[PDB]
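Opening remarks: the structure here includes meropenem (hydrolyzed form).
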Amino acid sequence: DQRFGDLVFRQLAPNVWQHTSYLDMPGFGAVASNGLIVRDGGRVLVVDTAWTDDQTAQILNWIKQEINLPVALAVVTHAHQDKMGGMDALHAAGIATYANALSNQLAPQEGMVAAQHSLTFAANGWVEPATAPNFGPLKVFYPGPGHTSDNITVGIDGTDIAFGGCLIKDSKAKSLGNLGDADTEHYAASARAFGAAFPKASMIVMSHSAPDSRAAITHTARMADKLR
Ligand SMILES: C[C@@H](O)[C@@H](C(=O)O)[C@@H]1NC(C(=O)O)=C(S[C@@H]2CN[C@H](C(=O)N(C)C)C2)[C@@H]1C
Ligand SMILES: [Zn+2]
Ligand SMILES: [Zn+2]
């Protein structure tokens with residue numbers, strides 16, 4: 001693990017890093033949140049911000065020191081603080097930001113700064129390529145409503161890695177966490193759709209735990225089955 005300021009970075013693959021930031025909340029202690037950093041040729045791609053602007057700025061600075069490649073774009077997975085809390089740091093650095101169109105619509109109600117561009121999806125859940133230009137190895141998939149209505153997922157081509165965000169919990173989880181904005185009826189199917197969208201991905205990266213196997217997907221879905 002490499003520390004830059006208040007953040008921790010872990011290399012998962014030759015061109016993929018996991019960034020981790022923490023926010024201590026009154027009565028709960030430190031809550032960790034994970035995102036991805038992906039090197040694609042002569043540029044860097046970012047998945048999700050940190051909890052805050054300051055933490056997100058530390059991500060960009062770390063990228064400059066350890067990788068020294070320009071950050072071309074960033075994708076955020078849904079409109080919550082752990083994923084979109086640091087949008088300002090990205091925009092301040094002049095980095096193009098992308099989110100689900102629904103995420104951008106919900107952002108002001110959620111107290112988040114909207115992304116500069118909106119992703120739209122076909123009926124099979126795959127992103128409209130026109131709305132996701134030059135995304136490189138990033139394969140964006142909308143599994144359907146689960147953790148939230150706008151929550152999206154990202155697969156990394158050329159690797160065994162897929163990112164489920166807050167939709168997927170790890171195999172040791174006892175609950176699905178915050179179900180405040182959740183679609184309890186479609187959660188299970190959405191979790192399974194994510195697994196089916198990236199069938200070869202052996203390393204599942206998620207927001208609030210270390211990378212797990214595919215069992216995390218199935219376990220999440222089966223927990224979600226109990227919500228129906
Ligand atoms: C503050 C929000 O970003 C919240 C959310 O996205 O709903 C955060 N993301 C989630 C989540 O469930 O995906 C949480 S809950 C956090 C992870 N689940 C833990 C939990 O509920 N435990 C009982 C450990 C704490 C965080 C507080
Ligand atoms: Zn959330
Ligand atoms: Zn979360």
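In this chain, residues are counted from 1 in sequence order. Read the numbers this way: they start at 1 and go in the same order the structure lists the ligands and their atoms. Side chains are part of it too, since the values below use all heavy atoms of this structure and drop only hydrogens, waters and symmetry mates.
The ligands or chains that make up meropenem (hydrolyzed form) in this structure: ligand 1.
Measured by close contacts, the chief partner of meropenem (hydrolyzed form) is listed under the PDB entry as Metallo-beta-lactamase NDM-1. Heavy atoms under 4.0 Å from meropenem (hydrolyzed form) belong to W51, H78, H80, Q81, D82, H147, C166, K169, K174, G177, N178, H208. Residue, atom and distance of the protein heavy atom nearest to atom 27 (C) of meropenem (hydrolyzed form) are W51 CH2, 4.4 Å. Under 4.0 Å from meropenem (hydrolyzed form), there are other ligands or ions: ligand 2 (zinc ion), ligand 3 (zinc ion).
Proximity of atom 20 (C) of meropenem (hydrolyzed form) to the protein is not indicated, since no non-hydrogen protein atom lies closer than 4.0 angstrom. Among protein heavy atoms, the minimum distance from atom 18 (N) of meropenem (hydrolyzed form) is reached at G177 CA, 4.1 Å. Distance from atom 8 (C) of meropenem (hydrolyzed form) to its nearest protein heavy atom, with residue and atom name: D82 OD2, 3.5 Å. For meropenem (hydrolyzed form), none of its N or O atoms has an N or O atom of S175 under 3.5 Å away. Under the 4.0 angstrom criterion, atom 24 (C) of meropenem (hydrolyzed form) counts as lacking any protein heavy-atom contact. From the protein, the heavy atom lying nearest to atom 7 (O) of meropenem (hydrolyzed form) is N178 ND2, 2.5 Å. Every atom of meropenem (hydrolyzed form) with a heavy atom of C166 under 4.0 Å away is listed here by number and element: 13 (O). Annotation: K174 places no N or O atom under 3.5 Å from an N or O atom of meropenem (hydrolyzed form); distance criterion only.
Of the protein's heavy atoms, at least one falls inside 4.0 Å of atom 11 (C) of meropenem (hydrolyzed form). Nearest protein heavy-atom contact of atom 16 (C) of meropenem (hydrolyzed form) is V31 CG1, 4.1 Å. Of the protein's non-hydrogen atoms, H80 ND1, 3.1 Å is the one closest to atom 6 (O) of meropenem (hydrolyzed form). The nearest protein atom to atom 17 (C) of meropenem (hydrolyzed form), hydrogens excluded, is given as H208 CG, 3.8 Å; this is a heavy-atom distance.
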